[PDB]
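Structure of interest - contains oseltamivir carboxylate.
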4 protein chains.
Amino acid sequence: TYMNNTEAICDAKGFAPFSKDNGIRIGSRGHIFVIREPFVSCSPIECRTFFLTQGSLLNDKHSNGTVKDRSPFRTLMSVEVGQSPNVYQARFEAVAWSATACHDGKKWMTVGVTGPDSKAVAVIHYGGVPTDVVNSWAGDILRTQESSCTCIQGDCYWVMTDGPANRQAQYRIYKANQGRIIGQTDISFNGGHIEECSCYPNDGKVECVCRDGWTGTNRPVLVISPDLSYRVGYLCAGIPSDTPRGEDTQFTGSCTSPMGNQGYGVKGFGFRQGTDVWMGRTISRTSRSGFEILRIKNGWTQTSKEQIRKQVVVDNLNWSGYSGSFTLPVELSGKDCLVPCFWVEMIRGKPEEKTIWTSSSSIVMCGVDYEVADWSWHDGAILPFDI
Amino acid sequence: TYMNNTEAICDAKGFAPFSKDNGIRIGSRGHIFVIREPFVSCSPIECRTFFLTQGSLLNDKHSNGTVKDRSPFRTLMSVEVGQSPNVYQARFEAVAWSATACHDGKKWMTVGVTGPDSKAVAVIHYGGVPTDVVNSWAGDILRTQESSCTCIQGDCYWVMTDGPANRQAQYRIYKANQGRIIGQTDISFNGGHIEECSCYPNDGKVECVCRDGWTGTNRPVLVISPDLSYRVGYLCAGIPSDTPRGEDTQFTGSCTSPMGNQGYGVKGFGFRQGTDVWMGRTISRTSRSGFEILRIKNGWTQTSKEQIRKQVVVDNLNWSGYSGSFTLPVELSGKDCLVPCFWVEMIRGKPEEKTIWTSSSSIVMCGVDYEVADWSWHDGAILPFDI
Amino acid sequence: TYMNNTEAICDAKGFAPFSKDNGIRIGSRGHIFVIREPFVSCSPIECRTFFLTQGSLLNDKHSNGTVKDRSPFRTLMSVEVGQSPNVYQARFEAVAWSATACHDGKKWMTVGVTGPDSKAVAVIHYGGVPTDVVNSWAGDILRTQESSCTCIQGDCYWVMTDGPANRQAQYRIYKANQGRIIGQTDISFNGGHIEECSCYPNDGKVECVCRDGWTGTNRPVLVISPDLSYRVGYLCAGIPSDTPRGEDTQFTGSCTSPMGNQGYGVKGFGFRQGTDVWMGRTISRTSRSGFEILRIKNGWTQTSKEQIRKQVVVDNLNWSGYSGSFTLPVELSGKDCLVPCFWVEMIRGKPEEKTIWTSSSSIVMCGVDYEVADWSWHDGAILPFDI
Amino acid sequence: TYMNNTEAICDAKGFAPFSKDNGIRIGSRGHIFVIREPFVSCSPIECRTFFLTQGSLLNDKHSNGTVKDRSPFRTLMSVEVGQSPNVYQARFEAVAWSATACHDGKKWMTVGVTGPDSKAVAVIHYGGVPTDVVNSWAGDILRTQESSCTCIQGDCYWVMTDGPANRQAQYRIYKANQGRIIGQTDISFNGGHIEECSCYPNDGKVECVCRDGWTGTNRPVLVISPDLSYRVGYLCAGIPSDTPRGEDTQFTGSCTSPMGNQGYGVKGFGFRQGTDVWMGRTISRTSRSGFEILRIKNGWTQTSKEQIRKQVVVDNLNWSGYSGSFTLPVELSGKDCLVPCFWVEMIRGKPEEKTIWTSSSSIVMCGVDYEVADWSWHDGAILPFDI
Ligand SMILES: CCC(CC)O[C@@H]1C=C(C(=O)O)C[C@H](N)[C@H]1NC(C)=O
Ligand SMILES: CCC(CC)O[C@@H]1C=C(C(=O)O)C[C@H](N)[C@H]1NC(C)=O
Ligand SMILES: CCC(CC)O[C@@H]1C=C(C(=O)O)C[C@H](N)[C@H]1NC(C)=O
Ligand SMILES: CCC(CC)O[C@@H]1C=C(C(=O)O)C[C@H](N)[C@H]1NC(C)=O
């Protein structure tokens, strides 16, 4: 039966560790898929860690130039949380070099984009087989979330971007019901930019903290309603949460336009706490090192820079990376509110390291009503590997 | 309960990628079964990739002369689609150096042929254990489909060939109901030739595009009815779809007799689109390189050479191979028509390559109502291996 | 619900291959348990291959003196038929250097004997945990079947031997009902000898063809009734079916006493066909090479040497070994008679080979109403290994 | 439905082997998690072996200083009993360098402590996801049982220690009901010490034989009632069961205070047999070698030193280690009394051995009404490894 994800997100004063795969460390001797862009999405029975394999393993020659991003070998596969992305416990999702996934209370929906940049196709699967399709609509890398999509009473929604990664682009919202696409929307956001969004459900509306790859050091937000009516802009808070980013001191927040004179970024997330917001970010304002998450007061609605809580999960002496949001189905947590959880991708190898390869590890963190102590659950692998 | 595969095949304007195992690439460091003659068949809950192991793994000495075709070590085993043919996730089917499989809505039926060429036996299994048997009837390699067989309301049908691979032979159609053989038919087709057929269900009749290994560059077709009454000949279309094959320019199609002065071939498939036909074929008219699929107008009934669609899945600079047909049970796809899907075997190693071994990789492609862009999802392994 | 194994065995004119694991070949590169004394037993949903691990894998230093027979490392584990005895797909049964197993229509019963020779204990498990126990009763290696035990309407029976492997000994029959021992019997058979029996169900009575290790070249039989009343002696037939054995020419059969002047043997089996008997045996009368099975007319009741069928499964140029009997539950085969099946252990390494290790492979063969052609599905591994 | 663990423990005259994983031996060539602090806990369908991985495998460089105890890589994972702690059959529990687990008749509850010593957090999970949390309450290594916790009619209880491992500390009892903490207790035991308790259910009250790391050679006991009212002290018996420990001759038992002038220890267990007690202990009074278990008459209530039974499981020429208690749910054993079972950790490597690494193997032993013969089912690995 369908999963009602109508409830509001729970209010947490801190997050507790869910799991840690140790994929790379383990990957030093075991048969682990060299991957990247990992993420967690739960069904009403278990959570699984979805990844993107480079079509190869670690400590193997085929692990070589796996820094290339897109290729025909990458395929979306999944395993139960905590388990490393290994071959023998791996479940095949879809052929993809960019994917997204979500359960709805019955079957798993997956969407894997692959093919040429100028004509890539996004194949949606439902129950272990493709049901519908989307063709690149703007001939420039049809890419999607790299994060869990959202299902609310049988209808799962997600966001996609087609255009250049730098300047302006075209963003759309897709809505489905059993693998089948049932309507979509064009997002008007000129001057703005949306990439690899992180969503979660909160009151029958889908909230996403995306990635402005153009002119944004402050991340963009977008609330989606069940009838494609939407709302978009940037997370207000007078604090930037992208990387590379400028300092907090010299940064004025903006609920409306992008702020900062930086032009890149990394995938991140953020949760709406009433008006307050929990925002993840790399300790380093420049590199992809360390991961932290702060709660700015009234930061979801005001240019606030007033924090009441902070907590680190990866110190600045350890490689960080991507971050995503999802929720613990009420049918698992037992709460009467959607427990807010998130993950951190820990990339190892090129470019910041001397190795023929590039992969990443992850760790999962969930809500909690208590405040959880700063610490580091970093990758741990000793590079370089045997090669 | 039994699966009604009475519906007609759906009409597609193009195919979308289902999966890609990367068995060989992965096989460079992992424990993957050196195999060949792979194929996909679905049950009303999942699709599995059936293969033929050489009784050994990759990057191992026992991978040696695995180019030999038949031996006592080869056994039919299966894994969920997309997953590579690995040992730890492998399910044992039957002892075979030539097999076929199909689900019927309850249990899986498998038929594995093995033993000596002059007296090989085809052991049929049902539910994880052999139920009936067939003895070679013409003492010359009792071989079968290497493709998914067809079940329509409790009765699964398939085709077999006993005789020389070159000149004339003896073809038969077998019909069963729960592992148990319930009647059969002799196919009169003198001058004609049938090998490794590819079937699928379309309107309660079983359609197969087989392989003329004698004098056919154009492939043979055969519509089987539920009471063994059948119909046979070649796919009409003024275009040859076998390899080796002559050019299209100098080829007149023939709904009746084989055409072309070539005497070999490879396993292929084809779908009946109304009167139109989707036909797969290697880009190369000579070697086993590249894979493509065209839709010739009215090509199922007329000597047509009028195509309205084309699409590549493996460019001519990459190894191709076998191709097969199957369908997505309505109980998975949710359609009201049997979604047409197919796979491409990508052989690597001897003979076209310098390696002690020979194996292959596969990729799955399904129906779709939209037109899907040309591209290549080729093997990817870097040969030779460590040996 | 309980499985009625009251029916008679089906009458076969030949056997067809069920499976072949290729454990050793595969074991050359994969992680396979170095084992020995393998056997198959089925439940009403699947058959599994039970083995005895040496507590180590192949191509490893811990594979060393694994020719030793008994040790504290050996444990009974199982995997679905056909699958090799690998670690990652392995199910733990019991701690044993001698075991037996059987399902009853609900849960799996296993009995693993281990410990010191003068006080070994046989731990019986039911449903994945030990329920009852048996202590050595004659202080000289408490050993059992190494073959599937028999369950008939909730009560599973098996046989055990305590005494010297050479001269006289003490044999007993054990009967249980849900892991719990419910009565037993002492077998009076002075001058006779019983070891590693092979049983199967036939008309609510348990038939076993055991192994006379004392003075028997002709094997012993014993029909057990549901109330421990039994019947014992040797398989009549004027043909010996043990190894080492004397020729057939100079051998007079004996339904009563052991025959032949040989003092060793190997584990074998035999089926009661009306009055006729199917008897397995190594082609070689001296070494453990090749496996064959003949059907002597009226050989279950008369000193017959009149065969009507023969069939080889492993030619005399390939290593053979142990053989066992079991049946395909009616709830799998669908018959109205218990399909007779058997397996052949193919031992490789010491003593007949130059390797630090010793293990074995198996192959499964089942009933069938047709006659199946001679052939060889031998091990296949290339020794010696990397060591 | 909830599991009533109200019954009394069964009365055994000896224990029989349940399983043996051979993790290390196997770990010489296979992909086994280098671990430590293993333990068994059963649900009403199966028992699983829970462990603590060092976030790495064996025969790998990441196996290095795994003697360190606490780190961010260690995570609690589990596998079915007998199976080794391998990657491909491993189930992820929680992020922990100190854990405890128990089923309640529906879902599995796990509690993994991790993080910094001065602020570690104990994350409790229920059904495959964290439900509640506990923060270090005395800033000095928040650690727990390393043994199965106890559930009685929906409420699972366990014990934790926060303070120095040497002198005085703070002990607490936690009670939950579906991952959610429902009340707790402070244990007054000045001069006393409690660490890594071993509990089991006996008459609706939780009995634990813990570890006095301060001044105890005799172990402490504590009976917990369903309303947090408790009872504490040391196991009476005039025999010490800790290591290091003084001799039995010069040791007077004490139901009240710690006895002996030793200041360390190892994790152990003990069962209440009426008034009698089964107590496990290392043969060696000094090192962690050999494992034995005795039954002292009236030793649960009197300073007794009168034994009626003894039995060894690991001779003094083989490495021993940790020991724990649990029970076989009535829904598995079928008894009308909770069968008493236990396990022995067999540590190999540093410190007692010359290897870069440190791990351990285990073996499981259960109740039984018969007396079981002394023997040794020691590790078996040949060190040092390939490194
Ligand atoms: C093509 C632009 C896109 C969004 C900015 O780039 C991403 C950035 C990445 C990055 O910043 O590390 C890695 C992702 N693998 C990549 N996505 C694809 C499809 O290549
Ligand atoms: C024996 C003739 C048969 C059909 C033409 O050959 C096939 C052709 C093959 C090929 O053309 O590559 C490979 C198949 N493995 C082989 N089948 C068997 C049983 O050996
Ligand atoms: C101890 C005598 C017993 C029965 C004859 O020996 C068997 C013969 C064997 C053999 O002949 O190869 C191998 C078995 N592993 C062994 N059983 C045990 C427990 O060691
Ligand atoms: C910190 C004290 C604690 C209880 C005495 O130490 C244990 C003793 C151990 C030991 O004596 O071998 C190993 C355990 N891994 C360790 N627990 C932790 C959390 O490090």
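By convention in this document, chain letters (A, B, ...) are assigned in the order of the sequence lines, proteins followed by strands, and residues within each chain are numbered from 1. Header entry for method reads X-ray crystallography, 2.4 Å. For the numbers below, each heavy atom of this structure counts, side chains included, while hydrogens, waters and symmetry mates do not. Note that ligands are numbered from 1 as they come in the structure, with each ligand's atoms numbered from 1 the same way.
In this structure the chain with most contacts to oseltamivir carboxylate (ligand 1) is the one UniProt names Neuraminidase. Other chains, heavy atom under 4.0 Å from oseltamivir carboxylate (ligand 1): A. Shortest contact from atom 20 (O) of oseltamivir carboxylate (ligand 1) to any protein heavy atom: A:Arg70 NH1, 2.9 Å. Within the structure, oseltamivir carboxylate (ligand 1) has A:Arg288 among the residues with a heavy atom less than 4.0 angstrom away. Under 4.0 Å from oseltamivir carboxylate (ligand 1), not a single heavy atom of A:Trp214 appears.
Contacts between A:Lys267 and oseltamivir carboxylate (ligand 1), counted as non-hydrogen atom pairs separated by less than 4.0 Å, are absent for every part of the residue. Scanning all protein heavy atoms for the shortest distance to atom 8 (C) of oseltamivir carboxylate (ligand 1) gives A:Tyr322 OH, 3.4 Å.
Distances shorter than 4.0 angstrom occur between a heavy atom of A:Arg211 and an atom of oseltamivir carboxylate (ligand 1). Intersecting the UniProt substrate-binding annotation for chain A with heavy-atom proximity to oseltamivir carboxylate (ligand 1) (under 4.0 Å) gives A:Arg36, A:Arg70, A:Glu195, A:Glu196, A:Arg211, A:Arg288. The shortest N or O to N or O distance between A:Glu195 and oseltamivir carboxylate (ligand 1) is not below 3.5 Å.
Taking atom 17 (N) of oseltamivir carboxylate (ligand 1) as the reference point, the nearest protein heavy-atom neighbour is A:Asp69 OD1, 4.0 Å.
Scanning all protein heavy atoms for the shortest distance to atom 2 (C) of oseltamivir carboxylate (ligand 1) gives A:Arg143 NE, 3.3 Å. Among protein heavy atoms, the minimum distance from atom 7 (C) of oseltamivir carboxylate (ligand 1) is reached at A:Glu196 OE2, 3.7 Å. Less than 4.0 angstrom separates atom 11 (O) of oseltamivir carboxylate (ligand 1) from at least one non-hydrogen atom of the protein. Applying a heavy-atom cut-off of 4.0 Å to oseltamivir carboxylate (ligand 1) picks out A:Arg36, A:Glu37, A:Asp69, A:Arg70, A:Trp97, A:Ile141, A:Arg143, A:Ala165, A:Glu195, A:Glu196, A:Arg211, A:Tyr264, A:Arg288, A:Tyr322.
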